Amino acid sequence: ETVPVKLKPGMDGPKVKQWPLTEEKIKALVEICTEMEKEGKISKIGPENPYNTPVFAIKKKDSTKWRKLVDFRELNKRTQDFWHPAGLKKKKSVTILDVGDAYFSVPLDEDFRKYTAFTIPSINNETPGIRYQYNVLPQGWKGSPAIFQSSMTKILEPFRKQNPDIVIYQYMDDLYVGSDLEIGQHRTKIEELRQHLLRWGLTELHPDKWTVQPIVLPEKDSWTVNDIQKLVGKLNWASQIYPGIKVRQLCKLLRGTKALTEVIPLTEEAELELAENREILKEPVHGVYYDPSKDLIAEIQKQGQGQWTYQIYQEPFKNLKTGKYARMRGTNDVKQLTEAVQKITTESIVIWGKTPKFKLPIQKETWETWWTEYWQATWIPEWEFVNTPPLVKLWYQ
Amino acid sequence: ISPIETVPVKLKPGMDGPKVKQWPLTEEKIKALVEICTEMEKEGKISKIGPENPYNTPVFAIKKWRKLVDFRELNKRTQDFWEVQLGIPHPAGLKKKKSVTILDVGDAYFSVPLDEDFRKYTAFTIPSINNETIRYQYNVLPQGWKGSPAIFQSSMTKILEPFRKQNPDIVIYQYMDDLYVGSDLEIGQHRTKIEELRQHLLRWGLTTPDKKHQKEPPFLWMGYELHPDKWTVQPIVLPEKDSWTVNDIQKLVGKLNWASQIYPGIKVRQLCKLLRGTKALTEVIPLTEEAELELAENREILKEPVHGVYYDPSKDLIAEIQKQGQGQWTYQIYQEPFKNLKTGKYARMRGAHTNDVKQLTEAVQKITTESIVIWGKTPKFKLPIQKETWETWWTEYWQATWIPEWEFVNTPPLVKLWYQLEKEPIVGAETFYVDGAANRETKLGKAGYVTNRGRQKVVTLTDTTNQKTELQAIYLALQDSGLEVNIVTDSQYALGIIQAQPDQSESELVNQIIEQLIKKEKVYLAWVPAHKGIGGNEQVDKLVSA
Ligand SMILES: Cc1ccnc2c1NC(=O)c1cccnc1N2C1CC1
């Protein structure tokens, strides 16, 4: 059986070029692909198939063996459309599972295969690339999870009737399961699900912890002109989100062309102004509601010393969530940045069940040379490169 | 000819290739084509058609006579195929062999069968003075058709496939109608393998030159001389004329530019000067004295021979870099001291605002990607920078930046941080509150400042903007100021640019500031929002708006 799939009207197959790969990787591909070839998963293609999609190799979490990874972003975006339990987000713990394996079992409408074409490069172009196209449902294709939904639910009902207290959500090649249970029973019971899943062909987050973090203002024994200026700056910005924020009293303390280091005693009025503002900030600005008809946006700023702040939002200054990320043991802005995006995407997946478009503070060249080297998810969000304003950073500190 | 499974071809969806009429030719050609064609007709190449064919491409006859056909039309209505790798092997990434033969198949396209189904579409015609009636169509890949290259290579790849699995000690390169074959076998063994190869191909209909007709090493490659164990940089000759047109000069530069990578010390600054304001390619420009000079110095340099070794997978790849001037970098990649695999030069990237550390970072990113392609590896770098400076730069810069494994090399001129901004205000140091503004309809602007010690100054500008004026103020401040300053501005723009400590730019203005900046002994720059009752700022806000 094969449900015919089609590209969005008037759209044509992807013709994305293959970035170069490390020796190590390439080999693993050649290795992996001969395997999938023998098993029929994929077949070699000719010069008449002009389409092409990028592929690479990764090692998810603690693994010596490589995993083939194909970047179907363009294909997905060109594939027709097909067709979220808030419960998920509101859980104690949530676990992710990799059901990509499941897709192999299903054949792909032969008429669509051509588009799935890809290439195993060679060093120094010394060799003609190894061209392939899938014969089954490929992992990463927005279309796979879909055509597989039917069989998915089936295999799921059981665990969903046995344990109708947990929530199982599927995104691409991932399965998200959440239970307010306790860990011991959680790590052991999840096992129960992978057991049930295993008799077919397959093989630790805390949502109640994600929110819109509070802006904190500096408190100091004494205040210099400089100190006060920087304060007013932050406050002034913050007034865009909280029009309740006032700076009159403080501005006054400044009236005059004094030295920058001059110490200024605060007025009872100014101290009130601060008091009042501190309070206006003890909570996230009212009326911030997520909109599904709109795109999620995740902005990240580099704070230095391995720290990174980020905000998820659809409309400017109306954050749905804001956060920070410290650094993973083992001096690499790119590993950190990559790790961050993955964290923020997963987190975005949980809550709204969709990936955010990233605005990365890095140069295209830099990011493209290495991100694939620390990537570890089965999915890939969208991203663009920017230049962090000097301000935006001081503010989220 | 050849018996390989033909490739399924189809015309771009919808499109179809109907008719570009025939170009009536003289009688000497109408028959000089009638001849050559009867030929191919027998060889099976072309097939006398007409039964049912509305399509047609025009034939031409060029000075021997020889025939040419215009599929120019046919092509644009032909589906697109999988591109012919235009990414190509660079000498520096080859593994030394004991021998390397080259087999020029020559007559190939005409050996590979055409997708029968599609042949009709190839129909073309031969004139006849009195047009009283010659219709043909190709049965094999047509010399000039869109898909001939892809369709051929692919067949090629399929024909070697066995052979290679059978002969892993042998290595084959397919380029155009060419095949480079090298190995580690002995002089006779290889010879014999070639022969095997040769006939194997004929077992498939692909003719190739024998041993007493094949070309001999070294082989010319995108500028190099390839010997199976080493390569030499083709000698580069520069003409000596009394007549140097613009054209002559450009091409020279073009040539010298290429040599800039292999050869050390090449210059074109003064030759380049000679094009300034040129009115025509055919124009003649007398070479200045300095020109007649570097050109000579370049000839001396160009005589030197550049020898090079290949890649040994059992040795470290190492890339060392040098700062040959601002924005200008030189690099050499070797495995054994002085035995270079590859060398190159990256020219001054002249943008809005950077610095060496940043520049160095991109140079490094560039070599890495080059390397991942050439060798599928990343060299261990040796950079003219101290881990401390890099540690200072990254640890404090706003953008994700990375440098793969590397090692400091104390080979000046070193890349450093020309200046650093204080992290806190400076005590006793004067304090300049600067500002500037410009109208959105006159582009008339005012820039100036007001400071604690009473000192001040305003100035008028014409044809400027908000950002140019704001910068202007900071400059003034940096001038009428002592060796330690505190500067407070309201321009997020000015700030950011400076917050990133630039040391090179294409703005005369910025450059000047930079200079000023490097001069000072202690600088702290600060920012305060625009139009508020913020001391000092509300003051200048009054002077730059009168
Ligand atoms: C032009 C070219 C491109 C790619 N590889 C090669 C060649 N030609 C050679 O002569 C050559 C020289 C040294 C090592 N490999 C070489 N060969 C390989 C085939 C033995």
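Order of sequence lines = order of chain letters (A, B, ...). Using the PDB entry numbers, chain A covers 6-88, 96-215, 233-359, 362-428, in order. Heads up, chain B uses the PDB entry numbers, so what you see runs 2-65, 71-139, 142-554. For ligands, and for the atoms within them, numbers begin at 1 and follow the listed sequence. The header says X-ray crystallography, 2.8 Å.
- Per the PDB entry, the macromolecule in most contact with ligand 1 is Reverse transcriptase.
- The compound at ligand 1, a drug or drug candidate, is named nevirapine.
- Other chains contributing a heavy atom less than 4.0 Å from an atom of nevirapine (ligand 1): B.
- Residues touching nevirapine (ligand 1) within 4.0 Å, heavy atoms only: B:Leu100, B:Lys101, B:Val106, B:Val179, B:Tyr181, B:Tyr188, B:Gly190, B:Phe227, B:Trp229, B:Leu234, B:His235, B:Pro236, B:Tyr318.
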